[PDB]
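Co-structure: CH5132799 and Phosphatidylinositol 4,5-bisphosphate 3-kinase catalytic subunit gamma isoform.
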Amino acid sequence: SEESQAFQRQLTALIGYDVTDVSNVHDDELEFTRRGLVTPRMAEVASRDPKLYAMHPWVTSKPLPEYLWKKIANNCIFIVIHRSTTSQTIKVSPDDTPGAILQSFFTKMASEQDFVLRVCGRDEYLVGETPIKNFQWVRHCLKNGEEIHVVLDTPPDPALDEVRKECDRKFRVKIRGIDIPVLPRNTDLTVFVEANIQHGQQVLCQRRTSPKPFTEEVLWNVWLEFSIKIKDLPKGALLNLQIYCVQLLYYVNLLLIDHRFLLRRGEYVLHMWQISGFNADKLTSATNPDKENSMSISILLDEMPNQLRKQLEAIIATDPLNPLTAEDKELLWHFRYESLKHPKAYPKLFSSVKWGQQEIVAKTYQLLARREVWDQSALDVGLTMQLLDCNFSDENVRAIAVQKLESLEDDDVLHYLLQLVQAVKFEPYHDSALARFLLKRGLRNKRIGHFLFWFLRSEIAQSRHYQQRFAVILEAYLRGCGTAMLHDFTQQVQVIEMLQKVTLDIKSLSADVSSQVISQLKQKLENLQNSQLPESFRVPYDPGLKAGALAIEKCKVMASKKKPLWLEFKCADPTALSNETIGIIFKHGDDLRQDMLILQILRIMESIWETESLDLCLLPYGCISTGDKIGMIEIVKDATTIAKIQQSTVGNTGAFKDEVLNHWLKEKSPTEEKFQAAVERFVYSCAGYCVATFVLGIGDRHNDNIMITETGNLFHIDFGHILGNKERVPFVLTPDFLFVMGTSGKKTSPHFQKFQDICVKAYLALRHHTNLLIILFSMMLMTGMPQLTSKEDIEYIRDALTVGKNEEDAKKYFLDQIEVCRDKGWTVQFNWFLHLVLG
Ligand SMILES: CS(=O)(=O)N1CCc2c(-c3cnc(N)nc3)nc(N3CCOCC3)nc21
């Protein structure tokens, strides 16, 4: 209890919010949830193999893609084992288990004490009953032309990551009145309260008060009787209360049915959220914690025709953004049992239920009992994600989604993780199938767990609307990850807290860069190192990598908007095969939550291309948003911007020259072996970024924001606020790019023919998952793009994907998007140089 009192304070500094401070609660839902998450936590902590949890092999069941077999000559792989400068390369079959590889080294090449293969310089192990081809690090080594180096050392002790012991009346609501301490608005106004009964973005019923003058205190004492009956209220229905003046000024919500299935009784004083200027924050059950500046509100509570089948199939086959008319919904419902045979159709089918009708909901639940086909069908994440978005508030409907997620291997959980955590924002209750799912998979696997921690912590630090809910989920996870990880997270938290201070301090001291600031960093960073900064820590975007000491020599305040710090660290693992530093950018000013979502979709796309045996060489570098307009950014080594390569020859301003990029490429490559591979890396990376950026609607960029490695890998950066008559481009395929591919004006070459053909395989590969990208894009805007003015913004994604327009016209459409880039030349790019200078 005295020892347990301190532990909670340790949990609190890890979490970033105190899950016991009950100043901002009007019921016990959070505590009920903190209490409810004890079973699933203990049930997973007790269920996980201690060894395989401790070493956490990162593996996959997916086939080794075509492009990685072609890299394997004569069906063998070259493992380079190490020990104490005793290297020895070994030929190994792709299907060889790691235990059966130590058998080749120890038992052959020259009771027992069992050891394991760790990757040199990394907390990454090659253990467990998996073929060597199926470990991702191995695949990573193949894809980038690297060589698999490993140390033969002892397993980590499973003891280190153990845990501490533990009526038919019409519904009515009385609006007493509203209360703001200071009415800021300049002129006099009038105001009314709007009370909506909502279920999953549908307003079932609506009342309004009479308008009264806008004063610091405004009382009504009016009963608002609704059309809906108490019997007819579905679990997860919200009382959404809103203040208007015609303009929405304030909102707050309250679950009419609580977490014990009780109707909500009694007096409530709800502190409300103010409105800037839809958005996941609109939907929160959380009240505003700021009890001194926030508007308050006070209330009190108490077989068919072919024509129709074809009409049904044409509806089931439409994208998720295609609306349903009244006519469509009545068909889906009337033929619900025929609709139940088509998983593709569940989202539209469940959007056709009248949730405000107790008898229909009953019929919907018996209908959910006969879901044999849904269960057997192969997991579609696109379809699954869709039943977990803002349009579905029924927990049983959502359960089926999370059910299908149970099938995911860790590797895939990692792809969709970021947006699964964000999807918790659409849960009506703090305790849900999804929140528990995230908890289990986090507890089951340290890699999932690592990123769960940071994704949750990301939101806890910058969302008043959802911090509490996520805090309960993070706490739950932290209480089962073990002492070791608690130790890593604490170390990592200390570092980023330590380094955020410097980032903000340095920013204050300069509105170009000064000599006094450059030494200020030198000194301040020289200080932190002395003894306060931990010895080493996990890099939060690459948890297998442990940063050690700072390379103060290499650190500087960057000469760019918002004065980010360019920091570099020596690796803390001596078995690392280099003295090459770990580069991190620390920035305040940009909303790096947006970058996270965008980079994670890029990773999603690379995975969609692996399915169709494509590899478009994206470099979605690490990004972790750690607070409000603040976070870190991985440094991709050996890279420079396209704008600066132009500026290295042409100069600080002028006409951009087409020859420069190809000279820069050739000037860096040492041979006709590398350069011509570098050119092949460019053709591919350029295509990928051209396609990905086009579909995401962020293809029109200043080439100061496009980069290239000294090996041909092209990649974009800085993705915040890019989603906002003037000239436009679909993507950046400028004449300098084409020059590398061997074309000029409206000409053509073999490398450009490969470009054109790569883009088309890419663009059609993404169109194969139209729905998936639509859901992920729609969710991204609601949960992470503030300034989400309209759903119209979402409809960009369907246009770009050319929904309902055959494979072949789609080949054409995208070929002509390229042709617009060839026509526009340097002009749009010339306008950005102007724009980023012509204030
Ligand atoms: C070209 S630079 O002068 O070195 N510079 C200026 C800004 C910047 C960024 C960056 C990334 N994201 C965001 N939001 N802001 C800046 N990111 C990066 N990198 C990120 C990828 O690795 C290469 C370096 N470099 C930046």
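Residues: numbered from 1 along the sequence shown. Values reported hereafter were calculated over all heavy atoms of this structure, with side chains retained and with hydrogens, waters and symmetry mates removed. In listed order, ligands and their atoms are each counted from 1. This entry, so its header tells us, was determined using X-ray crystallography, 2.5 Å.
The residues lying within 4.0 Å of CH5132799, counted on heavy atoms, are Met558, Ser560, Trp566, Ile585, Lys587, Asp590, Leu592, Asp595, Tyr621, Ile633, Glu634, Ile635, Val636, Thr641, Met707, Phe715, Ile717, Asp718. By the 3.5 Å distance cut-off applied to N or O atoms, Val636 is counted among the residues near CH5132799. Interface of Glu634 with CH5132799, defined as ligand atoms under 4.0 Å from a residue heavy atom, comprises 20 (C), 21 (C), 22 (O).
Residues of chain A near CH5132799 cluster mainly in UniProt domain PI3K/PI4K catalytic. Close approach of CH5132799 to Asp595 (heavy-atom distance below 4.0 Å) involves ligand atoms 12 (N), 14 (N). Of all atoms in CH5132799, numbered sequentially from 1 with element shown, those under 4.0 Å from a heavy atom of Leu592 are 14 (N). Distances below 4.0 Å separate heavy atoms of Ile635 from the following atoms of CH5132799: 22 (O). For CH5132799, the polar-atom distance check finds an N/O of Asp718 within less than 3.5 Å of one of the ligand's N/O atoms. With ligand atoms numbered from 1 in the order given, CH5132799 contributes 1 (C) to contacts under 4.0 Å with heavy atoms of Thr641. Taking UniProt's list of ATP-binding residues in chain A, a heavy atom lies under 4.0 Å from CH5132799 for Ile585, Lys587, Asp590, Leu592, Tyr621, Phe715, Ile717, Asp718.
At a 3.5 angstrom cut-off on N or O pairs, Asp590 counts as close to CH5132799.
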